[PDB]
Q: 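Pulling up minoxidil bound to Prostacyclin synthase for a closer look.
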Amino acid sequence: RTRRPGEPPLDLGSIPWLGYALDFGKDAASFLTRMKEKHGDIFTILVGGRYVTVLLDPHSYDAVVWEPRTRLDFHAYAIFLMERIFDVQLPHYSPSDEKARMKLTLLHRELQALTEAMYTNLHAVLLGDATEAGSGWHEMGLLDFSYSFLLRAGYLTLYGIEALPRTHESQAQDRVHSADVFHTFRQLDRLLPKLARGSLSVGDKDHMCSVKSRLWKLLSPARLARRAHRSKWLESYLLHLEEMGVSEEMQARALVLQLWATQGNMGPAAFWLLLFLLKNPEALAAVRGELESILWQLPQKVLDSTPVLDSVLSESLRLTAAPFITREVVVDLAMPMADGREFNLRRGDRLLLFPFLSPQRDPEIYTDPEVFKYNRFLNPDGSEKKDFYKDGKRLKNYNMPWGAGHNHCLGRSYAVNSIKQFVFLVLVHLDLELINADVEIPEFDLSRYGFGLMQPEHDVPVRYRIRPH
Ligand code: HEM
Ligand SMILES: CCCCCCCCO[C@@H]1O[C@H](CO)[C@@H](O)[C@H](O)[C@H]1O
Ligand SMILES: Nc1cc(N2CCCCC2)nc(N)[n+]1[O-]
């Protein structure tokens, strides 16, 4: 490939066809940071036979993310995930249509219904497990801890419970069942990045197929039909699939895709948040102080009146949420930059924006971006800090864990509420400690850049107990 007039800087690397496939795959953030240093805020790279133009000027993001599908296609990842990763085939499939239908089931009123059920399920699973284990300290990995309880509760909230009214045995059954779902799901979640790259070994392939087969059985419509207090989201989705004449077996596959889609981020998000608090005594004291003040007067103020916790969650996501925002270039076109520049992109190129690098870890926007500063999103007077700058201009987009434009989180309020509820339960109802107070924060699994929340390369040992009194 030879650069044409008005195109971004072009960097093909050394290896024919593959280009920077290895570098990008191994550690996308480090690789792209170097490319930014070399080329500036926009550049084109060869990666695995594809030409990818990377845009890293956060002021220029807004234009891109709202472009019509006639210019920049925002359906490609959804199709790839549905058909190529989760093995789902739907008739007349349109990601926009599916998204619009889901929105209608996730309006403010319904998200508030989910929030109420979520607290009940978080409480039931957390205190249920803790009660079964008994009053002592119990040792666990913090990710296993956070991901298990959030996913199990999220599953019970969206997909329903064993019985209503709730009984001792039905709740116990949901603890065992949800644990099975989680343990099976985690095997898929660990293998997903390798599946996406097509790098599974013969043995890995058999493992993934076995896990998929089990999950498809567990979340079959026949199994789900008997469950109580199913979410409107689920009921509507099932009705939609039925109306399209989708088989119950294919519905199962679609439902497993949704399990990963909706539950693959909250647990990891909470893991990092709790870890940051445990490693930063002042931050932890501020959060506990805020929550205890509310307790002394789920108390509704925990959701609507936790300014310190809001900053903490924003700060944790700033450091750890790393989704790619991608588009396929549909036609040869000119893309405007915020500074007045214009760059030509070619039909068939991929466009990649990476908020993790900028704005989120941009040292011109945030002072010491690598550091967890619990009050980064607080003004001195305690009000929310919303004013961040780059290149002499106020940023519209400064922290983007929920996406932007056409592809943004439809469950944000519920996701935020769920994480807050979990943190409240853990910090107020439990004692929670690092085994080693001096343990260093683990590196990311660097191969997972682009999906959403990062996961740690290894877990962090903690211990918890029910608060003695
Ligand atoms: C911390 C947790 C979460 C984060 C950071 C997050 C972030 C995101 C992002 C970045 C997208 C855009 C995806 C893309 O098109 O590339 C998205 C989409 C979406 N999210 Fe979330 N999300 C979270 C949790 C949830 C939860 C708990 C729900 C509901 C239970 C939810 C519902 C949705 C829906 C329905 C979409 C649109 C899917 C589609 O395009 O068909 N999210 N989210
Ligand atoms: C790299 C995995 C993180 C998710 C990125 C979502 C946007 C593109 O998703 C996929 O990425 C693959 C590898 O780059 C490409 O080969 C596929 O064509 C593309 O659909
Ligand atoms: N982060 C994501 C991603 C996601 N996807 C659905 C399929 C298309 C892009 C990824 N769905 C949901 N619910 N969340 O929360």
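Chain A residue numbers are taken from the PDB entry; in order, the displayed residues are 23-319, 330-501. Side-chain atoms are counted along with the backbone in the values below, which use heavy atoms only and exclude waters and symmetry mates. Every number for a ligand or one of its atoms is a count from 1 in the order of the listing.
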Q: If I want every copy of minoxidil, which ligands or chains do I look at?
A: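 Short answer: ligand 3.
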Q: I'd love to know the binding site of minoxidil - heavy atoms within 4.0 Å, chain and number please.
A: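 Counting heavy atoms, it is made of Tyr99, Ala100, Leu103, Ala283, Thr284, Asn287.
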Q: Could you tell me the residue and atom name of the protein heavy atom closest to atom 14 (N) of minoxidil, and the distance to it rounded to 0.1 Å?
A: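 The closest heavy atom on the protein side is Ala283 O, 3.1 Å.
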Q: Nearest protein heavy-atom contact for atom 1 (N) of minoxidil: which residue, which atom, what distance?
A: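 The closest heavy atom on the protein side is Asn287 ND2, 3.3 Å.
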Q: Hey, which atoms in minoxidil end up nearer than 4.0 Å to a heavy atom of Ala100?
A: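 Going through minoxidil atom by atom, the ones under 4.0 Å from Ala100 are 8 (C).
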Q: Among the UniProt-annotated substrate-binding residues of chain A, which have any heavy atom closer than 4.0 Å to minoxidil?
A: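 In chain A, UniProt ones with a heavy atom near minoxidil: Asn287.
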Q: What protein heavy atom sits nearest atom 7 (C) of minoxidil, and how far off is it?
A: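 Answer for atom 7 (C) of minoxidil: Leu103 CD2, 3.7 Å.
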Q: Tell me which UniProt heme-binding residues in chain A have a heavy atom less than 4.0 Å from minoxidil.
A: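 Counting heavy atoms against the UniProt list, it comes to nothing.
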Q: Identify the closest protein heavy atom to atom 10 (C) of minoxidil: which residue and atom is it, and at what distance?
A: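 For this ligand atom, the closest protein heavy atom is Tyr99 CE2, 3.6 Å.
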